[PDB]
Every structure is written in C-alpha cells, then in structure tokens.
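In the text below, chain A, chain B and the rest are named by the order of the sequence lines, each starting its count at 1. Whatever order the structure lists ligands and atoms in, that order sets their numbers, starting from 1. As a basis for the values below, the full set of heavy atoms in this structure was taken, side chains included, without hydrogen atoms, waters or symmetry mates.
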Number of protein chains: 2
Amino acid sequence: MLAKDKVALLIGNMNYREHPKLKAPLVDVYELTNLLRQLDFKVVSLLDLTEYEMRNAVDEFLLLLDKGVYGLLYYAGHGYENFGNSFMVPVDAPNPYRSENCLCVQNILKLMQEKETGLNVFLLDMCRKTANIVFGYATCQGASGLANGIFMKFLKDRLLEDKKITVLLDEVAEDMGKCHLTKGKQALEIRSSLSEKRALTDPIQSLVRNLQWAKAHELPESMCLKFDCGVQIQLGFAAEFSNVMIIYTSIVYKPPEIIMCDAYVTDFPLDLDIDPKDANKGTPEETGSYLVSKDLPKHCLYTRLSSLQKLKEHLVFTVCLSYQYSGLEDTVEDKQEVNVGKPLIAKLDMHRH
Amino acid sequence: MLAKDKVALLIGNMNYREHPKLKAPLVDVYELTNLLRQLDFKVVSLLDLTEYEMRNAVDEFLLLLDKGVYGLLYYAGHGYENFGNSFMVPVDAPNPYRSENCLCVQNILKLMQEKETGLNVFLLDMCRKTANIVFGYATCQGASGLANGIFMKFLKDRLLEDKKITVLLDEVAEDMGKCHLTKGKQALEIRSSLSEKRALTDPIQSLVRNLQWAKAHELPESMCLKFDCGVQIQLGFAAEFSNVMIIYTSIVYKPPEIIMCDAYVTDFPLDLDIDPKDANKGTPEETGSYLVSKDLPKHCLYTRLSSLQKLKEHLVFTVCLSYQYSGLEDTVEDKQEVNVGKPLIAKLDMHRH
Ligand SMILES: CSc1ccc2c(c1)N(CC[C@@H]1CCCCN1C)c1ccccc1S2
Ligand SMILES: CSc1ccc2c(c1)N(CC[C@@H]1CCCCN1C)c1ccccc1S2
C-alpha cells in the first residue's frame, strides 16, 4: 500500500501534419496532470510530440521504473491497429500509417513487464483504430468552451477516490456504459496483473528525484526592459505543459508623448515552428492556451511556445516597440535581444537515444 | 442484469500420454460444475479430451453463444506459450509441444469477439508455461484426500457472491496474493471488455436448450440380471462428469449352495481405453472416481468409463459370475451381453467438424 516514488508521463497529440487534428488531448492532459500532481506525482506533461521525441520520452519514463515505484503512462492521440498490434501515432508520421514511424504498445508493455514497480498504469485514449501493470485501453475520441474527452470525463471524477486502480478502471468502464456514446460501442478494455491492493491515492515513505523534477520545471523570472525613448516593458511567463510556455508583454511606463505602442515578441529560434501569424495576440485564448485571460494579466500581448523539447540552444528572441504619436506621420521601431536560457523541459536536452 | 440463457463448458486434462499427469483438474471441474449448476447453468463437464475432441467441444460451445446468453469456458490442464500465443494442450499431443496439435487461446478469443453474448467468461488454469469477454488466465498448478488447485481454492469461495464478475476475479487475484505460493509469482491475469453490471449470479427470463441438456445427461436405469444357477445381479450407474460414468455390480440373491461369487464387468468396446487391471475394484476410489464410497452402495465392484465421447456404437459389455463352492475344486463361469445404449454425452456423437 506504499510507493517508493510516484512518477507519471502524459503525452497528448493535438496537431497532426498529415492526419486529422484532435481537440480533446489538451484538456485531458492539463486536467489529468493537476489531478496526479494532487496525488503527489512528479508528472511530465508533453504536447505535440514527433516519432523520435515520443520514443525518447517513453524510454526516459521507463528508466524511472525502479523497484516499488508507481508509474503512470497516459497517451491521448491517434492510434493504429495492424496484426493485433496497436500503435501510438506521432505528429510527424505520414498518411497512410506505417509501423516504422509509430510506437508499438506491445513493445512498451514487454519492457514494462521486465520491471519491479509496485504499480504501473498504462492508459491509452486512442482515436480512429510481478510488475503490477494495469492496462487501460480506450477507443473513443468524439468528445464549457473547451473539449474534454469521453474517457477523461469519467476518469477525472473517480481518479481521486481511495479505491484499487482496477476497481476504479472497472467503474469508469461501467460509467461509460451508462453514457449514450460509450454504451453503443465498448471503447474501454482493461488488462490487469495486479496481485495487491495498490491505489493511485497511496502514500510515499530517494527524494533526490523530487529535486530533479523541480529543476525540469523551472520557469524564467519576470523581466523588465528599458528602452531609449523611455518606455519600460514587462516580460512575463506562465507554464501550461512541460514543453508549453506562454510569454506575455505589458507596458509599465508610457510618457505623455507616446499615444500608441505595444511590445511585440519575434525572431524565436528556427527549431520551434512558431508562425508570427499566431503570436502577439490580444488574449491568451487566441493561441490557444488552456490558460484563460483571468489567470494572466489583461492588456498584454501573448505568444505560446508550444514545442520546447526542440530547444537545443538557449532561448534568444527580439522585442520590438512599434511606437507612433499622431503628431508624426511615420511609425518608428527599436529592438533588443533577450536570453531566457533553457526553460521548463528545454533544460534537459531531449537528445538522444 | 439478465441472461437469455446460461451455458458453460468445463474441460479438465488429467491423464497425459506423453507429458506429466495432473491431479487438480478432477476436483476443480467437479466442484466448479456443481457450483455453476447451483447458479442455473446448463454445464457440460468433460475429462481427458484429445486434440480433435477439444476442438469439437469448443466449436459446439461457441454455437450456443447467441445474443444475450452467458457463456463460461473453463480449461484446466497443460498450457504452452509460443510467440506471445498461448495454447491449451490436449492428452494426445506429443512431446515436445507443437502448435498444430494444440488449441490457440487467441483464436478462441477472436471467435468469441464475433459474438453478441451479454457475458462470456474465459477461464484458464494452465500448467508449465460488445461481446463482454472476461478473460481470466491463471498459471499455477502446484495444488482432505483429494487435491484442489490454487485458482479454484479461491474461485469457489467467491463464485457464489452477487458481485460483478470482474470484481470477483479481481478479489480472487488479491486472495491469491495473500496466499504464500500465489504471492511470490503473479499467476492471475484478467482482461475485460465488460461495459455493464453482469454477474454469474444473474437470473434468466427459448427453454428448449434446457431439454437438449437433459437429453445429453440421461443415465441408464438400474438393471437386474438373473442367471441360470439362480444368482441374481444388480447393475447400477452413477454420473461423475459428462463423459465419465461409474458402473457398479452387486449381488441381490445368493442360494445357500454358493459360498463365493461376484459379478465382474468386461468386454467393453475398443474405442474407450479401459484396461481390465483398473476395473472391478473393491471401492470406487480405486479407479479413481471423485465419487466416494458413501454415495454408492457398499459390497459392489466398481468400473469407471472415463471416455464416453468415443462411444460411436451403443454400449455393449459382458458380465461374468465367477462362482465356486468349497465342495467342488474348480471355479465355473457363466456370461451374458448387456446393451446400455448411448449414456450421458455419448448420446450425441462427438463426430464431427
Ligand atoms: C523527476 S519526475 C519525472 C517523471 C516523468 C518523466 C520525467 C521525470 N522526465 C525526466 C527524466 C530523467 C531526467 C534525467 C535522466 C533520467 N531521467 C530518466 C522525462 C525526461 C525526458 C523525457 C520524458 C520524461 S518522463
Ligand atoms: C444444452 S447446454 C450445453 C452447454 C455446454 C455445451 C453443450 C450443451 N454441448 C451440447 C451442444 C449442442 C448439441 C446439439 C447441437 C448444438 N450444440 C451446439 C456440447 C456438445 C458437444 C461438445 C461440447 C458441448 S458444450
């Protein structure tokens, strides 16, 4: 009934290059993260991961699976099923699906079986297809303002109960059976080898791994930049996921001369695919972050750094003023370079194995 | 919470020609049969089945798996595991194991998935290796007077509870985890796709299949044979399994002249491998039947017809007197032929598909 440690990996794929884009992963990952954080889990929550990235993530999660620890692996995205095998489809995989570009569940399972963990939860919320392993395999992605998936809708309600994981997983499967969409088709399949009364609400009693997590989720301190013209800018930061950071720009001081100005953030490194057409927005929802206008200050300009695991070099970006007073007809610009270092998951380079 | 019908198939392999003989199947099958009979299940309980027999049994069980019925399939014997596949080993299979001679679990499963049954329980007690399918896969055969297997030891206690099958299967897995032999190794693995509150204790509310079961388990009426010398013999019958019948011979009348006699049963058809060295025993335990001396009359001679599914032709056997009085020095014999018809499972010929 006790855990040596509690570590979880959460993968959500929402933006496919060559397959249909998915809406549910973002909320399910965010919501399940904070819920496991409540259960004292050192969670890594990653969005829109490629083949090589996914592979590196899992291997790194598997390394933490020492004797008596509690592992949780949640994947929400596209799935594939060929010759009784199932695969987790990454964002880079081309259409049609091919196994060489995907992650075989059966293999992940084979590696998990070679473990001495007191509990290991393998959750899959797939679309369009003793180690004490508790395998939960859902097949429904037909999901307020924001979309929550059918599996998570029920998983969240029961996740905080002090009952055996298999008992909750069985109740969530029946809960789905009461719902109209999930009664028609049997989306949930459970596979257990759990010999003891192990729950997700179980205390821990080696805390060096807690310090390694803190190091992996360090957000840059709020910075202020003074410009030649006099205007002083505020640079704020917020964490959304392990690989997703929101950047905000506000104006602290404006002299009576300046009638219109706003600091824009640009020239982010090439490795992260951020298109200027989706940055420096009016509200943070426009990006769009799970983070709502209320938890971030109003009158700012927002930019979301979606892919941080691609940060090979220290974060360097330029900020522009774009200030014009009605007296003069032409718009003027002044710019300066900022170094934010290696934020969040970017600290540990995703490269390589 | 209701069943269209409740049908179960129980296979136990206890006497291997080319692999180690097993002791537990006999009690587990007998004990689980009567327990499911209590739960209003039309059970067929078969012992020591070959390749072709096993294959025919399963197919015939699968044909009963119509919409909303409750199926239960219990196999206790040797198992085999090659390339992630598991196999049920029949009695005729040679050593080493070969798949062509065995029954792939994965295939049985594939066929079960093509069903509309309200519940389908697949139990396996293997050694030395929506359809609402509840797959229970045990791997421990290191089992009063008679041996009861580790899985059954706990399965029987919980089998009569009005709780969801998956909940009981989870409790039996934990019960095993409390036991010393079953805590060391994780023998039980559960796989469920059960979306609704379906239990083995569930009422039925099409009863033509009940009449077909009765027909399949008709035992021959107790017969008496009068001999030329005067001595009258009693021929009794008892059912042990669907394919296993106990035959008993007693003496009703003996004139004052006869000082020693006993009716021996012989010349049973060749298809059933009964060796005279194991027939006409002092007590029924000597055969040995699960049936104890107390439920059958004392002072009889017992013969067990182990394999009845091999009965292609009406049961014909000869009975001999073997009577000698101390006055005369030589032992005399008189014999007559008896037709018992097609008893128990022998009524429906196991041949062929
Ligand atoms: C601490 S709590 C925690 C829980 C889940 C993950 C995780 C950390 N990390 C950091 C893993 C460390 C980093 C240092 C070397 C050894 N590894 C195993 C990951 C990192 C990269 C991809 C996926 C994951 S999964
Ligand atoms: C009635 S209740 C019941 C429960 C489990 C079995 C069973 C009957 N029978 C008789 C099956 C009938 C006989 C007539 C034709 C259609 N079939 C499907 C078997 C017979 C032979 C091998 C295994 C089995 S399994």
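As for ligand 2, the drug there is thioridazine. In this structure, the main binding partner of thioridazine (ligand 2), as named in UniProt, is Mucosa-associated lymphoid tissue lymphoma translocation protein 1. In this entry, the other chains with a heavy atom less than 4.0 Å from thioridazine (ligand 2) are B.
At a heavy-atom cut-off of 4.0 Å, the residues contacting thioridazine (ligand 2) are B/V7, B/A8, B/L9, B/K42, B/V44, B/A57, B/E60, B/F61, B/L63, B/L64, B/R209, B/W213, B/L348, B/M350.
The source organism recorded in the entry for chain B is Homo sapiens.
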